[PDB]
Amino acid sequence: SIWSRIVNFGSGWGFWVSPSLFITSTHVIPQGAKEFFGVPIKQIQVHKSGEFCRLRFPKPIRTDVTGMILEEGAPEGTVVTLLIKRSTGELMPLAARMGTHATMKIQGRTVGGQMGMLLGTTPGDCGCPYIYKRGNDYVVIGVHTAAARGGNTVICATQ
Ligand SMILES: *[C@@H](CC(=O)OCC)[C@H](C[C@@H]1CCNC1=O)NC(=O)[C@@H](CC(=O)[C@@H](NC(=O)c1cc(C)on1)C(C)C)Cc1ccc(F)cc1
């Protein structure tokens, strides 16, 4: 039921990490949104770090899901799964080995990202999660923001 946590958000998608934590790409969100999922935006705790957007709701929204671990990137060489969901409803899991993780700071504020190579993606896919299993837990490392033209390179934005 992991696929049920991937919901269309604005021009792309978003992922429920826990009953109250929703992650997406910053620039797929409508610029004039005054509410999300029935909750006024004033009551939602928003944290935008570059192209990584994080929404913490004041109550459990998805009371049916379990909590996963949100971590900034994956150790280099880790292969993860980009859970792409298309407009048709078709489910397309893509494998990608993760490479160099980069971070840029300005004024106390760190934006993050990590590159990967697919082992494709299209303009409607921003916001779909990158995930891999570690032990008896599932770890989500970011949401897709970019992909090289024609090649295998992809990029997940990190917190
Ligand atoms: C997703 C964002 C979106 O809504 O699309 C239309 C604006 C989109 C996904 C890639 C486009 C083609 N295939 C994809 O997987 N991302 C973008 O449009 C972002 C920019 C790019 O992806 C370019 N690629 C790169 O910059 C790049 C660099 C490297 C090393 O690899 N790729 C082009 C392929 C367009 C920009 C964007 C826009 C809006 C967002 F919300 C996030 C990101």
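Quick note: numbers on chain A are straight from the PDB entry, i.e. 4-122, 133-172, in order. Just so you know, ligand 1 is whichever comes first in the structure, and atom 1 is the first atom listed for that ligand. Hydrogens, waters and symmetry mates play no part in the numbers below; they use all other heavy atoms, side chains included.
- The drug candidate or drug found at ligand 1 is named rupintrivir (bound form).
- The chain with the most heavy-atom contacts to rupintrivir (bound form) in this structure is named in the PDB entry as Peptidase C37.
- In this entry, the covalent bond from rupintrivir (bound form) runs to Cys139 SG.
- The source organism of chain A, per the PDB record, is Norovirus.
- Summary of contacts: the protein heavy atom closest to atom 40 (C) of rupintrivir (bound form) is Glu54 OE2, 3.4 Å.
- Contacts between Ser28 and rupintrivir (bound form), counted as non-hydrogen atom pairs separated by less than 4.0 Å, involve the side chain only.
- Heavy atoms from both the backbone and the side chain of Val31 come within less than 4.0 Å of rupintrivir (bound form).
- Protein heavy atoms all stay at least 4.0 Å away from atom 7 (C) of rupintrivir (bound form).
- Within the 4.0 angstrom cut-off, atom 29 (C) of rupintrivir (bound form) has one or more protein heavy-atom neighbours.
- Heavy atoms of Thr29 found under 4.0 angstrom from rupintrivir (bound form): none, in either backbone or side chain.
- The 4.0 Å heavy-atom shell around rupintrivir (bound form) contains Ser14, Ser28, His30, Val31, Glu54, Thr134, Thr135, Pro136, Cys139, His157, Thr158, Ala159, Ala160, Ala161, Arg162, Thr166, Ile168.
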